[PDB]
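Featured here: a structure holding silmitasertib.
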Amino acid sequence: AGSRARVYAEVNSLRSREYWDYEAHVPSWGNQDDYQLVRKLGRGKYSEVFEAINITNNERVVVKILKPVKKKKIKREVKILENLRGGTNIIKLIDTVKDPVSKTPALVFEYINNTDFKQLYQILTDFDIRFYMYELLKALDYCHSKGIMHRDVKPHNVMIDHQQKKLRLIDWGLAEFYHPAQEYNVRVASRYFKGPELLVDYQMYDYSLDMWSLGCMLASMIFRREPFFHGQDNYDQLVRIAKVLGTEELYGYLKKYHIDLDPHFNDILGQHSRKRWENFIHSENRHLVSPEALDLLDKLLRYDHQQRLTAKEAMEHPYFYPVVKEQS
Ligand SMILES: O=C(O)c1ccc2c(c1)nc(Nc1cccc(Cl)c1)c1ccncc12
Ligand SMILES: NCCc1ccc(Cl)c(Cl)c1
């Protein structure tokens with residue numbers, strides 16, 4: 001009874017229990033032998049990702065092989081992906097398969113030819129940033145409307161093919177279902193994308209965590225400082241935030257939600273004024289910054305998770321009017 005979402009708060013409560021009760025979900029496991037692995041793309045803590053071909057139809061896909069011990073978490077990710085089926089700009093789950101002998105499970109996703117913007121293709125224009133942020137917002141509004149927090153929004157999870165102008169939000173392995181008053185694990189998101197709520201151990205968070213992470217991505221893109229808040233550890237991460245947003249404002253947020261700060265922060269936070277967003281503008285980024293962009297960013301990167309724009313409210317912001325007009 002400390003906090004709840006401003007939007008879609010009851011939306012899982014209003015659905016059949018089977019929608020959100022992922023522990024009860026019984027996936028249909030197809031045959032992984034239909035997929036030929038071509039190339040290893042990477043590895044995470046509990047998964048590895050390969051480029052592959054479906055040999056029955058010659059389609060290129062990716063296969064994400066799951067360490068099989070984590071049964072509840074597998075069911076969670078599978079059920080979330082099935083619920084998100086057809087959602088705008090959400091990576092498409094094509095199948096759920098197992099090796100028919102070992103029974104190791106794997107997820108088959110559509111392939112996206114991800115651009116490395118760090119050199120190869122094109123450095124983003126103002127319009128490009130608006131466009132891709134708007135497309136990312138569609139995916140977040142969709143999943144939030146579906147009662148799902150992603151909880152790991154960061155650039156690596158936002159796959160963009162800059163030649164075809166396609167965007168997909170990937171890696172739903174940390175995603176959860178939002179339920180009013182539920183206390184969630186704060187050990188989610190990449191350090192640089194963690195909202196203050198996580199950093200101060202506030203467990204009654206909601207979809208608005210994803211809006212912090214998308215604000216961090218907006219800042220990094222318009223100002224060309226990636227990641228925007230570069231902490232060396234979780235404590236330093238909050239200090240990096242406070243050096244921008246201010247310490248008095250942090251204390252107001254803590255008092256509103258009755259939050260206790262870990263006392264180790266006493267030795268490191270200092271005293272910081274709230275900075276003007278215009279302080280980040282210089283010759284290398286001025287062509288990406290506008291009054292609109294700053295107004296939007298200022299409404300995303302707020303301590304108080306309840307005062308951040310929703311995905312929809314962000315979509316509706318003037319910053320995206322040029323994109324809306326072009327999509328007409
Ligand atoms: O987890 C998912 O939902 C997930 C879903 C789809 C992709 C993915 C992860 N990772 C990819 N690439 C990648 C690149 C570097 C490291 C790692 Cl582990 C993976 C990738 C590439 C091309 N098309 C789709 C994907
Ligand atoms: N992997 C691409 C991450 C990225 C880069 C630029 C933008 Cl504007 C966005 Cl939304 C996402």
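The residues of the chain are indexed from 1 along the displayed sequence. Counting convention: from 1, in listed order, for ligands and their atoms alike. When reading the values below, keep in mind they use all heavy atoms of this one structure, side chains included, and skip hydrogens, waters and symmetry mates.
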Problem set entry | Every instance of silmitasertib | ligand 1
Problem set entry | Largest contact partner of silmitasertib (ligand 1) (naming from UniProt) | Casein kinase II subunit alpha'
Problem set entry | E110 neighbourhood, listing silmitasertib (ligand 1) atoms whose heavy-atom distance to it stays under 4.0 Å | 23 (N), 24 (C)
For this session: State the UniProt domain of chain A with the most residues near silmitasertib (ligand 1).
Result: Protein kinase
Exercise. Atoms of silmitasertib (ligand 1) less than 4.0 Å from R43 heavy atoms?
Worked result: 18 (Cl)
Exercise. Relative to silmitasertib (ligand 1), which UniProt active-site residue of chain A is closest, and at what minimum heavy-atom distance to the nearest 1 Å?
Worked result: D152, 9 Å
Problem set entry | UniProt ATP binding residues in chain A within less than 4.0 Å of silmitasertib (ligand 1), heavy atoms | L41, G42, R43, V49, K64
For this session: Decide whether the shortest distance between a heavy atom of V62 and an atom of silmitasertib (ligand 1) is less than 4.0 Å.
Result: yes
For this session: Starting from atom 15 (C) of silmitasertib (ligand 1), find the nearest protein heavy-atom neighbour and note its residue, name and distance.
Result: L41 O, 3.5 Å
For this session: Around atom 10 (N) of silmitasertib (ligand 1), find the nearest protein heavy atom and jot down its residue, atom name and distance.
Result: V49 CG1, 3.8 Å
Exercise. Is silmitasertib (ligand 1) less than 4.0 angstrom away from at least one heavy atom of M159?
Worked result: yes
For this session: For silmitasertib (ligand 1), find out whether one of its N or O atoms is nearer than 3.5 Å to an N or O atom of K64.
Result: yes
Exercise. Counting from 1, what silmitasertib (ligand 1) atoms have a heavy atom of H156 closer than 4.0 Å?
Worked result: 14 (C), 15 (C), 16 (C)
For this session: Could you tell me whether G44 and silmitasertib (ligand 1) have an N or O pair separated by under 3.5 Å?
Result: no
Exercise. If you count the atoms of silmitasertib (ligand 1) from 1 in the order shown, which ones are under 4.0 Å from a heavy atom of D171?
Worked result: 1 (O), 2 (C), 3 (O)
Exercise. Which residues would you count as binding silmitasertib (ligand 1), with heavy atoms within 4.0 Å?
Worked result: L41, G42, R43, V49, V62, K64, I91, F109, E110, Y111, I112, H156, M159, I170, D171
For a distance cut-off of 3.5 Å, show me each N or O of silmitasertib (ligand 1) paired with any protein N or O, plus the separation.
residue                  : atom   : partner : partner atom : Å
silmitasertib (ligand 1) : 1 (O)  : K64     : NZ           : 2.8
silmitasertib (ligand 1) : 3 (O)  : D171    : N            : 2.8
silmitasertib (ligand 1) : 23 (N) : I112    : N            : 2.9
silmitasertib (ligand 1) : 23 (N) : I112    : O            : 3.3

